[PDB]
Each structure stands twice: as C-alpha cells, then as structure tokens.
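Here is the naming used below: chain letters follow the sequence lines, and residue numbers restart at 1 for every chain. We use all heavy atoms of the structure for the numbers below, so side chains are in, but hydrogens, waters and symmetry mates are not. Header entry for method reads X-ray crystallography, 3.1 Å. Contacts here are counted within a displayed part of the entry, not across the full deposit. Every number for a ligand or one of its atoms is a count from 1 in the order of the listing.
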Amino acid sequence: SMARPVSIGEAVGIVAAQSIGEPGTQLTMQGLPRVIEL
Amino acid sequence: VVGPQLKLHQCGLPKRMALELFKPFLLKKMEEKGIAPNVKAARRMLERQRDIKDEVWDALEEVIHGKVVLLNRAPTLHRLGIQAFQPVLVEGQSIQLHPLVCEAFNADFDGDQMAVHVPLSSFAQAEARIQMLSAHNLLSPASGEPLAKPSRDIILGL
Amino acid sequence: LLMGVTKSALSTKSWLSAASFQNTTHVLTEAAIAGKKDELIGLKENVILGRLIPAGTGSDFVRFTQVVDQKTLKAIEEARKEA
Amino acid sequence: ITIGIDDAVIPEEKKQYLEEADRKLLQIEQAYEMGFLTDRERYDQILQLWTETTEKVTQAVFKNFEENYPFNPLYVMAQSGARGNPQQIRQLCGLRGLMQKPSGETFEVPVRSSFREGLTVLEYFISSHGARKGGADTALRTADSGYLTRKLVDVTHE
Amino acid sequence: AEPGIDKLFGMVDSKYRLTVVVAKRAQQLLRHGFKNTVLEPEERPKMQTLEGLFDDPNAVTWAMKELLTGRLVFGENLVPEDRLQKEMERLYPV
Amino acid sequence: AXXXXXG
Amino acid sequence: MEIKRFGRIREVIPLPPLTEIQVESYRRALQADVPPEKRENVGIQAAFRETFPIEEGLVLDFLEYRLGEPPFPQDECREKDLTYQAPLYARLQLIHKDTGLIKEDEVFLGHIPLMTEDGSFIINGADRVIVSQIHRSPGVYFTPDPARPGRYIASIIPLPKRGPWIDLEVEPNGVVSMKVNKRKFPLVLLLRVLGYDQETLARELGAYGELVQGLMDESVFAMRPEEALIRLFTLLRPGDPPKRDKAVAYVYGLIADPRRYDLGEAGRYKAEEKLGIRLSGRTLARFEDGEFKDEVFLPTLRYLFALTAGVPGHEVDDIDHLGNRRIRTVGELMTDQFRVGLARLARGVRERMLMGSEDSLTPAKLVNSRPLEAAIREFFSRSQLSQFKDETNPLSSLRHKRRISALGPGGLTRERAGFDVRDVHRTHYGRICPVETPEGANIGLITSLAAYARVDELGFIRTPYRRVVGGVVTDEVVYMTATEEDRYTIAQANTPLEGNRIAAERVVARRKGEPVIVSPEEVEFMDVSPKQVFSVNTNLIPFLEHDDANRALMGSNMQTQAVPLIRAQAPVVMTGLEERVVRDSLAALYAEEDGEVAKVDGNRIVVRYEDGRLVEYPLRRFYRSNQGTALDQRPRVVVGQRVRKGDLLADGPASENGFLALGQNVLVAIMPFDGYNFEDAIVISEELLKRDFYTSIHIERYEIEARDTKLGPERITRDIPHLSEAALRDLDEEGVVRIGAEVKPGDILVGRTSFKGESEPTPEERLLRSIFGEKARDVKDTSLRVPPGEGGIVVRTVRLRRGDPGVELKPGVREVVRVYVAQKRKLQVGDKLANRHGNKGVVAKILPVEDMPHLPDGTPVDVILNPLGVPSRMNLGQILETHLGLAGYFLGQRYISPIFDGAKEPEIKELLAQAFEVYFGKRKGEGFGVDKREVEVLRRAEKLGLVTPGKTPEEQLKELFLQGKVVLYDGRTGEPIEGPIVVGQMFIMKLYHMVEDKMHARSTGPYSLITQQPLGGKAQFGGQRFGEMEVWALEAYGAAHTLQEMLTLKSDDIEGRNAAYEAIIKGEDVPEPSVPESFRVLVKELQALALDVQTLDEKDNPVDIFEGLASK
Amino acid sequence: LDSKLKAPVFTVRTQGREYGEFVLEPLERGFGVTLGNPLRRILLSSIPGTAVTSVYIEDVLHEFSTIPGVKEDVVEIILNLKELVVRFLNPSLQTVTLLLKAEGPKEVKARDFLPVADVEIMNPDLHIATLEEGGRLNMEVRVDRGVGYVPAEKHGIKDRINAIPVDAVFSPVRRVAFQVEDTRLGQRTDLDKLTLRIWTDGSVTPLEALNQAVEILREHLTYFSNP
Amino acid sequence: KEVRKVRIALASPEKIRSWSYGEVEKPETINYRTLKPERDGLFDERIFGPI
DNA sequence: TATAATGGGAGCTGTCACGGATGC
DNA sequence: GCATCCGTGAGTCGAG
Ligand SMILES: CO[C@H]1/C=C/O[C@@]2(C)Oc3c(C)c(O)c4c(O)c(cc(O)c4c3[C@H]2O)NC(=O)/C(C)=C\C=C\[C@H](C)[C@H](O)[C@@H](C)[C@@H](O)[C@@H](C)[C@H](OC(C)=O)[C@@H]1C
Ligand SMILES: [Mg+2]
C-alpha cells in the first residue's frame, strides 16, 4: 500500500486473507472450487 | 450520492446525522458558549425539531472541525471497506462520497447505502486520521498497484 | 504435515480462537479436559476479551513510546541533576 | 459524448462474413450427408466456424471504427477503458453470437442479430438460458467466497 | 491528505509509532489546556469562524504540527511516568 | 431481492 | 393526443383474466354456489368424503355442508382487524349399529376465509395473497443411476405428505431392491405378499435379459401370502410384535389406504400414461376379498427391466420438464390443510366415542371444531405461502397473485437448491417467464406465470397455440401441456401471412424446443403471439428485443417497486398492455352497462343505466397500502356524460385515463455532467419539483394501547405531568391530536399517563424535592410521540374503548388509539429512479433551471442521464424509447410498440423528420436563421462523420435530428456542447427505496437484555452492526484503540460507556474501557455448561472480573 | 419568502504585476458562474494590449529560411518576438516600428532595441537571438495596439516585400481561471463563492485587468437603454 | 491486576456446589398474581439476588 | 376412592461435501 | 486395504 518497507506491528495475516478473498467473488463455479480445493 | 466537489479526504455528511452522531460534543460546545446554561438544558433544547436554531449549527461546525468519521460499505471484502473522511455538513439526508474511492468500496450510485462510525478518543481519532485516511492509502495492499485512480467519466474526459 | 486451512485453524493453540471458529463442542471439551490456558497471543482472543489487539498501535513494539517537549525534558533533566 | 442508436455501427463486412459462413455451413452439411463426418464431428466443425466468424466480425467492427469513425462513442469508451469490452460492443454492432443450452451444450444456430437490429423471440428465449445460468452463478458464488475468506482469516489471524 | 504526512512517516521506524506519539501528545495538550504547546503564536493552527480566526480546537492537528516542527522528543523509556506527570503539572497547572 | 438491487 | 400503433401481428385471442389462477382455483375448491347434491368430489367436499364415515359401535357419517354469509364486509374487516370469512356448517348423522338409533344434526365447524374479488384474502385485518407452489408431479419416474451407468432408478412419488416415496433399484448382486422409509428389502417378498406366484412373474418378466432371475427366490415362494406378510412386517418394524391383523393394517396403511397413501389425479393419469396401464384407485394396490391385489408394482418392475434391457419405446424422464412439474394453487393448499384439520377432528371424534355416555350422544357432543379451526387459521396466518400483500402499485398485487414459488412446505430449501432447478427449461416457453425472477438467493426458485399461460385441473401449466392445417392458419386455439407440445412442429408468430395462408417458403418452427427450419406443409401449429413468452411485467418493456436479458430482468422487477405519484402519467412509448393490467387489478372503476352518469363527486359517482336503476359507486380515497403508499381513486367522468359498457369511471392509483402509470415522462439528455451523474448517479432539474413531478403521498399508522395494571390503570388523557401548553397545543380534550395538525419529530400524537413503578427516591431526589417543595406525581408520561425522521399531517384518528358498543379488545386492554399521518413527498437527493430497461440510479444533484443544458429555443431538460451506463449493460431499448420519445415530444403524440413486433428504425426516422419540421420550420418562419453556435457544432459533427459535408445548415441539423441528436447549450456558459447530444422523452419511475426512510443515526440509545448491546433497526433507534468483517478491516488497518472502542466503550461495557459519555459532555477525554458484559455472560454460560473459565494473570493466579459479586 | 442579502466582500491577493487571486463571497445561488464566465471571455478577448504583427530581417526571404551566423532559425526568433512585452506610455500612439542592428559574437536581448518615444520595454532581458563570429542581424519589428489574438494569416500586413506577418498576441492577459465553491452564511449551505485567477504579462496588472473587464461589461448593459 | 491468560477446565461437583448460592428445589418461576419470584424457584431472590 | 377397563403414534421424502470412525 | 454411516459446515449490512 505504501510502496516501502512494512512497518513493524502491521497485521499481515488479515491483510493476506482479505487480499485473497476480495477477488473471490469474481471467480465462477477451474475457478473458485479449484481454489477452495487447494 | 457522489460529491464531485469533495477533496479526496472528504465526505458529505447530512446535518441531522452529524448532529445526532456528535451530540455529546455539541452539548458540551453549547455549554461552552451562551447557547445553553448547562448540558441538560441543551439536550432538552435539541430534543424537539422546532426548538432547533441557527447558532447550534455553527457550534456543530466548530465541534467536528479537524475530526474525521469512518465510512463502511457492506460487504467489507478487504481493508479499504472502511475508510476515514473529514465530514462536511451538507443539505439533504444523503451521504456524499468521493468518486475515486468508489472502486475501493465497490460502491456505485444505484442506491447503495453506507454506514458512518465516529471514533471517540484522541487515540482512535489519530488512528483514523493517520492510518485509515482515504488520501493516505493510495495503493492496493494486495497487488501493490494504484487503488484510487481515474475511472469512468474522468478517463473519458482526459 | 500438510493440513488444509480449516483443520489448521481448529488445530491452533488458542482454544478461544478454535472455539470461535467451528466445532465448538469438540474444541471446548478437548480444551477443558486438558485444562488449557489461552496466552492470548492472537487477535481473535483479545478481541473476544475486548483488550487492545497485539497489532498496529497495540503492538508492544511501538506502544510504550513516550513524548515530551524540550522545556519539560530539561526541567526533569535538572530534577535528575539535583539528586 | 452521447449514445444514439446510430452510434452502434453495423459494418458491411458482417453481411459478407455471414454469407460466406452460410456457404461453408452447406459444405460441412454435405460432408455429413455422405457419411464423411460423424454427428459430433459436424457439430464441432460448425461451432468452430461460428466462433471464428464471430471473432472476424468483432475485428471488422473495431477496424471500421478505428479507420472510419475514430471518435465514435462506443469505440472511445472501449479504448479508453472507461466502459465496455470488445465482446459487448460486438454484441451491440455485430452478431450476438453462439448460445448455450441449459445442459451447457451449445446450439448450432447462433443469434445473427445485434441488439441494434434487435433479437427475435426464439433467439431471446434461447439466450435466456445463458442469462439465468450466469445470474444464478453470480448469486450462488458470493456465499462460498465469503466462507473461504472466513477460513483464511481464521487460519492466518495471529 | 494530512499536511506533511510523508515527513511524519519519515520520522519514525513504524507508522504506528507516529500514531501513538501524536495521540499521546494530543492528550497532553488537552489535559494541560494547550499551555504546554511548543508552537509560537504565529504557528498556532487556526479555525475560521463567523467572527474571525480562532485557535484550532483539535488536539491532533496541533500534535502533528508540533511534531513537524522537530521541537518534540519521542522514544521509549525517556522518563518515569509519575515524574513526567508531576513535572508537567508543576509547569502547567490544571 | 438481492444481487445489485432489480429486487 | 393521438396514439399511433405499430406492428403487423394480429392477436387471435386476448389475454385471459389474469387473476383467474387464484379466483378459479379457490372457487373450484369451495363450490359455494353449487347446491350440495350437485357438488363434484373435489376440494373441501373431497376432504369431507375422505374423513367420513368414522367408526368405532357408533358411526358418524357425512351428508353435506354449507357456507353462510360473512359476519362483516371486507372494508369493515380491514378496519376492525378481523378476518373476512364465512361460517362453515356440516350436516352429520350419528348411527348406533346395534340400537339402530339415528340422530341427525348440523354442527358448526368454525370459519373459512373468503377470497375477495381481486383474488386476495383478508387475514386478521391484513391483505394477504396465497402464492401458488411449484413441485414434482406425482406419478412414476425412471431416472439414470448416477453410480451405475448401465442401470436405472425407478421412483414412485405420491402427493406431498400423502405417504412415502418408493425406490426400485437393480442391485449389483442381481436382486431387485425396494426402498421405503429408508429401508432396503427384496421386492420379491412384496410381490409374494401381493399374491404373485413364480409362474406369473416367470411368464410376465421372462422375455428379458435374465434380470428376472434376480427376482427369483425359492425361499419366498415357499411361504404363503400370510407368512410373507408377517415376514415383511418383521423386516420393516423391529421390536414391534408381528400380529397378523396389525401387519395387514400397517401394510394396508402404507400401500392400499386412500385415507393415508394418495397419488394425485395428476399422478393417476401420469402413471397410467407412462406405464401404459389403467388404474382403478389412486393407490398402488388394493385390499379385496380379504387379500391384497396389485395395481401398480408389476407394470413398474416390467417397465424398469424393459428400460434396463434397452427395449424400444422405453425412456428416462426429465424431472425439470414442465410435463413432470405441476402447480398446487390456492385451493389445493387450503384443501390440504383442511384435510389435516379434519383428520384431527376424526381422531378426537373416535376418542370421544370410546368413553362417555353410550346412550345419549349427538354429532354435536362428538365433534370438536377446534383442531380444524386451528388448522385453517395456522395455514392463513403462519404458512410461508400466505404472504403479506404487495400493495405498492396495482401491478405489484397483480404480479404477486401470479407468482410461482418452489419454496414452502414440501418445497425446496435454498442452500439445498442446485443449478438444474433454477435453470430455464425449454418447456418454460409460453408457460413460465424466462426473465422475471430475483437477482439474489431466490433466483430461479421464484418465477412468474406467463401472460397467456393457464393452469389445468390437473395442475399443469398450459400455453395456447393456433391450429395450422395444410399451410392454412386457423383461428382455432388449443392450450397444450408441455408433453403435448413436444408432439408437434410449432411455427413462430412473426412468420409472414397473406390472409390465413403462410407466405414464406422457409418457416421457422420448434420441435421439442429445438429450433428448425421447415416447409409450411410440415407446420402443425403456430404461436399465438410473442406476448405469451413472457410475464406481465416483462411485457410492459417496450423495445425489449434490444435489451440484454439481465437488464430486462432488472427493469421487469423494478416496475413492481414503482411508487404512485399524484401527477403520474402513462408511458409515451407503450407495449399496448398498459390498459389490461389496470383493468384486471380492479384498481380503476368501470361502467357495468350502457347509461348516463347522474352524479360526480370526489367521494362518489352515481350512474343510471339502461335498466333505469341507480347504481352508486363509492371511491376509495387516500387509503394506506401495506407498503405505505396512498391508494386513491379519482373520477374521470362528468355529470350527464353518456357511457357505454366498460367505459372508464374512476381512475385508480398509478393509472392515467385507464392506462397504467408507474411514473413520469420526462425530457432527458444523455451526456456526462460534471461528475454528478458519475457511476449511475442521476441529475434532475428543479423544474420537476416546481411542477410536482415525482411527488407521492405516503401514510403511516401509529398505535397505542392503554391497559389495566397491578400498579393502577393507564389512561389516554390531555393531562400530562411536567408539560407546557406549548407542548399540548395540538391536543384535544381527550388527549388525541387533532385532525389537520402538522406533526414533527418530538410531537405528541396521543397523550398517555402510566402509574409509576414503585420508586424509592434517591437521596438527591429527596433533597431536591425538599428544596423546590414539589410533590412527586403518581403518574408519568408514556405518551406516543412521533419517531425521529417521521412526521406529516394528521389525517385520521381511530379510538376504540372497552365498554363501547361493538367494541371488545384483547383481555386487560382498556382502550386502543390509532393515528394516521399522511406526508406528501417531493423528489429529493437520495431517492431512487429507474426506467423499464433496467437503468437505475439515485438523484445526486438538483440543479436550478438556469444551470440545465437546454435546446436552442430555450427549453431546458428535466433529467441528465450518463451515456456510460448504456454500453456495458447493453440495454438499447432506452435509446430507441428516447428517440421515438423525441418525435412524440414535437408531434404531440404517443405510441404503442409491442414487444418483438414494433416501431423499427425507418418509421422512427420518418416521425423524427416530421418532428424536425415542427421544431425548425417554425423557427425559420419566426425569422431566425442558424446560430453561430449551431455552426460550430455542425463543424464538429461534420468532422465526426455524422453529417454529409457541403449541405446547408438546415439539412445537417435535420440529419442530426434524424439520428436522434440535437444541438445543446450549457446553461452556465451559453456555449454549445461541442458535440450534438441525444435528447428525447423517456419514461422514468420513482422506486420505493427513498432516502427519507433509510437515513438513521444514533449517539446512545436502548440496549439489549442479556447481551447488554445496542438494539438493531431504525425503528428501535439502534446502532449499526460492526461485524466480524468490519473487525477484520480495523485489524488490517491496525487501529487498536478504535477497535477497542467498538468492542467496549461504544457497546456493552456498562461502566465504560457511561463514563465515556459523562467524560465527553464534561469535556474530558474518554476513559480506559473495561471488560465487555457479553464476555461475563459467556463466562457464566460456560459455568452453566459445567466448565470453569478462569481469567488469570501471568502468575497463573485468578483475576476476578465479577468484582466479588459472584463469589460467596 | 422574505429575503435578506448582505453585500459580498471583495478579497484581493496579488503577487507583483504578474498575478492575482480574486474572491467574492457570499453570492446568491447560481451567481458564481453568472459573473464568472462573462468576465473570463471579456478578460482574454477584449483587454487592450500590444503585439508584434510584422518582422523584416535582411537577406531573409521567408519564415522557414535559416540565418547564417545565427543559431536560431527565423521561426525561433519570431517566437521570441511574440513574448516581447511592449508598453505604450502615450494613449495617442497606435503603432511603432522598432529597429535592431547587431553583429559579431553577441547574444541579442530585448534591451538592444533602439529606444522610442513613450515606448517602454517591460522585459529587456528577454532573449531574441545569439550571433557568432561573422553573423549579422538587421531587423525591424512592427508593434501595433490591439485586442485579443489575431493569427498572421488573418491580418496579413506587410510594409515591405520581405516583411513576415506574425501571429499577434495582443492580450496582456495570459490566462483566466475561475471556480465556484459552495460556502455557507449561517443556515444556507449553497451560497456561491467566486474565486478568480488572472495571469498577465506585467504591462497591465491583473487588478487593472479585471477592473477594465467589469467596465466593458457594465457599459454593454447601458446598450439596452434607447430603442 | 492485569489479565494475561484464560484457563478452562472440567468443573468438579464440589466446585459447582461452591459457585451456587442455593439449590432450586421447585420448577416454579414467578407467582401468577403478585408477579414476584417464588420460594426455591428458578427466579428466587433468596439465591440469585435482590431485584 | 371400587361394573371393567392392561404395548404409541407420525413419519415426510430434489444439498453435497464431506470429514474422520466403523465393517467384510 | 475400501465401501459405508453419522455429524457438521455451507457470505455481508439492511427490514422482519
Ligand atoms: C410469508 O412469507 C415470507 C417468508 C417465508 O419464508 C420462506 C422460506 O418461504 C418463501 C416463499 C414461499 C416465497 O414465495 C418467497 C418469495 O416469493 C420471495 C422471498 C422469500 O423469502 C420467500 C419465502 C421465504 O423466505 N420473493 C418475492 O416474493 C419477490 C419475487 C416479490 C415480492 C416481494 C414483496 C416485497 C413481498 O411479497 C412482501 C410484501 C412479503 O409478502 C414477503 C417478504 C413475505 O413476508 C411476509 C410478511 O409475508 C415472505 C415471503
Ligand atoms: Mg449498487
């Protein structure tokens, strides 16, 4: 987001989950079922 | 509803909404001036709508100055589902949103609704202003690419 | 051992998180038998208790930071120079 | 910038590409008549033919726009990235294209009408299968997506 | 965007540290009635009212500007808490 | 009734 | 104005009565107008016939029934919160076998709700529509086995809750297994129970691939039907003693009992047609001459093995086929519940026959109506198929009545619903609409009956087709089931005709849904009309062929949400269906026969007919609908006017001169405007609010009860403690607000005073009481006040009191007061507008008239739409509607362009040419040449290849106008928009999602009981929900204190929230928050689960969060 | 219905003679752009100024020819001549012909123009041309009073057969940009705030420029007087 | 003190009896007339507390 | 407070997508 | 070792 070193204390996990999850509704039903499969 | 005029960091906030949201602060700033003897008087004064007067609006304007609120549109898919905006009192019951943040909320003008939250303490307000301010996050925490960028009419005109 | 996200979630150390996730009876019984303690390492736990999460402004790293002006700093400096 | 019905420009090339296609169809038909091609073979060949034809008339629309009408609104909005993609624009000025049966199998007879010329009832009803399937997809996938997001959050949250 | 936000993000090793600094400073200013400000009268943030310009009531704005002026010292374990409290109370009554 | 708000 | 119609398609038959599904279903069920001896066996008659006679010995028997007259009329029922219903009386006779004593009596069975004229119901005062249900038709099906490719599954399905499904499958081991109540057992056994012997099955099933040998078992034929029966009873009933008569009774109840196991008449016919046999009863077998006889199982097994072998003339079944799916209408559902209630009544009757005086008993003393009443009432009040009426506009009700739901009892459950169920089947053609459905979870599960579609007596949907003999199209129409439709070759409705003869060599037709090009010699039937393919909503979208199916869906749905406007107009471009919709919804008032109009009043219309009789028609005026929209009729005629049969008298809600009015026709320009229409937002002219376009009346009901308490009575009074005359100004003597007073939030609608709860005064209160020397009053002010954001003018007050004539309330309640408040809503920023083509948006800006883009003659436009909304969505219908709308603007005429047969481009161009003449030639005659700005714009358009270079300015302006574009001046500048813009009249509706309803905010307010968290909902003045995902958001931002505020200070930390509020109003920063109460509740709940939750320190030494209050 | 209106306060912010900002608030609804657009048109188009219409250079046949001994081509010198800001001190003077003669290793600035009666050169340090050893520059430039912008092909004026017509930029105003922001007086939030920005060449100041602009407009309002 | 940990374990019958402020010997909730808690009932003020 | 009376009914049906436990 | 059974999951705010 800031195009620079990550600040210590930034919560990475939630950011990762959100980043993976948001586009998810743009995938169909190899699409979403393949992702869930993985 | 889209404000075109808003700076990236701003949002149109209906007067009545802001009055109710900020109400304790407004009572306090009403006792700070000569508008009311005390808190309870000010509250009883605001209770009825026909008891509302000119000075109280300028008072509210003083109250909210420098402060920000939080706009959130369901579903919140990623971090930017909530963003911090400096409120600007507007006529009408509608919240005005800045165009560039639309893509981030996946919001459009076909009747989407948004929620307003008011951070209370100095800490919460500081977090909102520095960390969550719309103008402060310009890029996708996901792809790294620009998040708030020209779209629709803007790209068209340019 | 490679396990999928759900099992890995349920398999975590914090029983508050696991109990909030899924299979509440199972998690809670296995936690109660072994008399588990939750150290509140993660976010969900402290969220449930309503504490300040261990991230951002609530990270031990940046949260103990102090701020003082030069005037007061020098006054306290003189207070330290006296003793 | 506006949109009139004449702003969707049906290229002449279309007609040519259609007639030629028909001719080829007949050829393939003859190939089925004497037993050179099986049922599934003929089906596949027809599908391929119509796919390539659709592609061709898309390229025809866009070439016509680029050379003859560079400022045509559909073309502008498409190229700038403000609105629309080649397939949609093709449906507007070109042919609508191949359609799917409820089973997922494709009909041998494509809609030859643009939205400009307008569809015929049988064409419309044929397309409604696809529309319904797509809409149901969109409505159903939100839940599973959400579920996935939640699982991910719960596994990564610490 | 908050004025000179880039400089502020430059000052600190982590953005959240900047946040904590500003919040704490703002609480100090609120508690001591702004008397402890490191800003000269001409540097005071101004809210423009119906009558004319006045002092900006917002503590966070002040704290960010003070921070920008480099007139503040931020860090861990500078002074014992009760000592700082008592001293700030001494110089600036409340 | 759902999607982007037909009903 | 002249209405010009287009299209060459001649409709042979008009649209059937649209509510006929509802009205005819229910009428068929009741037979209230049929004399008892003439009643067919159907509906409640059939229910009585099933239940009776009752035995065990006394015998209670059925003769006939009768339905009386409603104790109260419909309107009165609506006002008194009653149910519109008729009494049900039943003639019965008790018979003692031995004594021969016969006692005949008419017993009162309670009440049955009556369907109103429009095909709705009134239940407990509320208008409710019973929605017809789609399900799997009873019968016998054969479907491919998912696991074993070569094999198949046979299924025998009866009516819902009419008994169990049965599965015949050929097992891997070779034996044929039957599944009932989730029990697999060899079919051979049952075949032996039916009385079959090895010889019979050998000669019947022998012709096959030796699957029959799997049905061959020596141990089975080694035991007689009795022994086999007891064997089967031991198999299906573990632990239950295998008595002979109990086994016969159970197996008979499972198979041959009509009172328990019932196929439909549909299941009957279908089984007959499928298996190629003839059924006597509706069961699978019989009990005759002491033994069991087989109607079904052997033909079924035969067909099964015949499908397995590959024998020609045997095929699987499509369960999505509309020949295999049927509709249970209102009558069938109501009858089902009636049958259940009757069964309960019979159980009670037998139970009452066993004990009690055996000499003196009457049908009155045996029969208790309670279970039947509770059954019917349960159905009408609590059934998922009984729905609160959609009253928004008349089209809403009409569409609601035509709804087909796959949900409800015996129906599907979503989240269990797959794609195959939601798909559009090929057999949906002409029957169920391919377009109109929801976008969300319910998509494909809820659908709409097609315009020409009908439901037969068997419950299958049928569509009309014209007979075609030897290329000659007759006027003979035949309604077909999907199964019957599959048998023919059906030509399309747009195919050319000269007279009654087909004029094309190659005609487009359908065979089993598959499109095929045939010769007129081959055409058996032909489509009645394109109209039949879609629903009523979909049929209201002009230029539909130019719209993508999805946006068509959106517009179709959105019309239902159109709010009735005071000025509402019919669309400039209609489909020709605008009138029938109003006529059938019974919104508008019409003339019964030819005659002269005697009187015209705002409240009434008096008419003298040819019969010489004076018929007076009262008008419903400003009634509140279920959705709060104002439904009122206005008279369209005048004194003395001659009127034929069917002429319009009063104009219903959302109706203009008999035409359906869902909105306004406004003059639109499609151009981007300063980012105000950005992303589907809409900009409107203030001239729309000035002339009251898009203005609607809305009525809201407020209700308050004064009851008796153990602390003393509540009472409605004008005497309210601690209130001024200023606050009591608009209150009358009794304490009720006066009619016509303007009420704003905070005002008192109805005064009320309740005796205070027993109150120990806090010391501060006592001291202050001593200081001011005032008695603390015994009663406090509970008065009903206008909620926040509400308010309007008070148009009605209803007061009911216990001890008043005809008035009795629920026990304990002294009096009920109702206040009706009507408000007149103009259009405002945040309100939702939409067209019929699926373009929807919120008004984002209301510009003053001078800012609005205008024509050269000074005419401003009402609405500025964004062009960007068109291409991605692919709905071009709005464009054409706009062009033809421009023509109609300058020619002063409206049009009718039916779907798929309508105004095409050239004709629109001609009309636009004439329009150009009116728009320009006048100007030339007025002595004004071409403007400089028009020159600049013409240079621009010339560069755009829009106009042919070298022509005169007039010629090029005509060239543009023909393309539907005009020169436009920006009102702020006066300079022209560089290009020509598309301008024209468009029909836009105001949807019922209005910002005035949706806006809410709260600082502090009520909290929940157990959770101690803020209540939900605007009505409760509650807070917004901050959920798991919002929490994740805050976490990702790493704002810790904000999150902690949400979790603690803002909600459910008691001490924390109180302290925070006190601090803020004091001017102090908010305190450190403490433990949220809901965690304490969690801890205590876990303790109640016998689990110990200890909050420790790092020393593993307990920390008490309850602060000692929980520890002895 | 009953209306009250306070006379707006005119706010001026000026940096030198080259620039200024002009704020008029509060204004009645719509009146932001009502005053704004006309003044813009009037400022750019009609404000009196001076420009170089024609230029003659010895041994130079046409505009795209090159000058031996000088690095810039004729075109680049014409451009530099377009940026020359010349002020007429005498209101009587409608036109001037400025002569310049130079050679050798020297860079000619606007100072080198031989002074003329009541003619002030605002930008004497402006670069015209650089000459090397053996290079010669003999030129005469025609400066006329006028208004707005006239292309060379439009006036087509020549004193000499080899004289080249130059696009004449008369306007002392380089740019006008105006914006209307919503501001509030007491209860009403829509009241217009007009912010005006004007660029000049220094010959006429922005404040002077705007005052001239409102005068032109006001005089035109008197044209509705006598039929 | 500050809460740094949360422990969960099976509660002993003795611990359960330790938590309890009394035994509920009656199914009763509140009285049909006085609308106040009964004695030894689920809502009894003797055990759980003053209203 | 006493003729004698001695084994209950309703199920409820178009989801997979499975996870680990249990069974020839 | 591989079919089979039982329990537990199946998006968010809004109004209701
Ligand atoms: C009593 O039924 C309730 C739920 C039962 O549960 C469930 C499980 O079974 C059904 C059945 C049998 C249906 O057919 C539903 C249905 O068709 C829906 C939405 C549902 O969720 C339905 C539900 C269920 O959710 N979509 C529509 O109807 C759309 C296409 C048009 C009409 C919209 C208006 C706004 C409504 O008509 C409204 C006036 C009101 O009538 C209903 C909201 C009703 O609420 C009440 C107070 O009556 C619901 C249906
Ligand atoms: Mg939307």
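- Of the listed drugs (irinotecan, lopinavir, rifamycin SV, vaniprevir), the one at ligand 1 is rifamycin SV.
- Ranked by contacts, the top partner of rifamycin SV (the one with most) is named in UniProt as DNA-directed RNA polymerase subunit beta.
- With a cut-off of 4.0 Å on heavy atoms, the other chains touching rifamycin SV are G.
- Under a 4.0 Å non-hydrogen cut-off, the residues that form the binding site of rifamycin SV are G/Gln384, G/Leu385, G/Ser386, G/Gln387, G/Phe388, G/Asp390, G/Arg399, G/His400, G/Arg403, G/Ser405, G/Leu407, G/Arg414, G/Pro438, G/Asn442, G/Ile446, G/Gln627.
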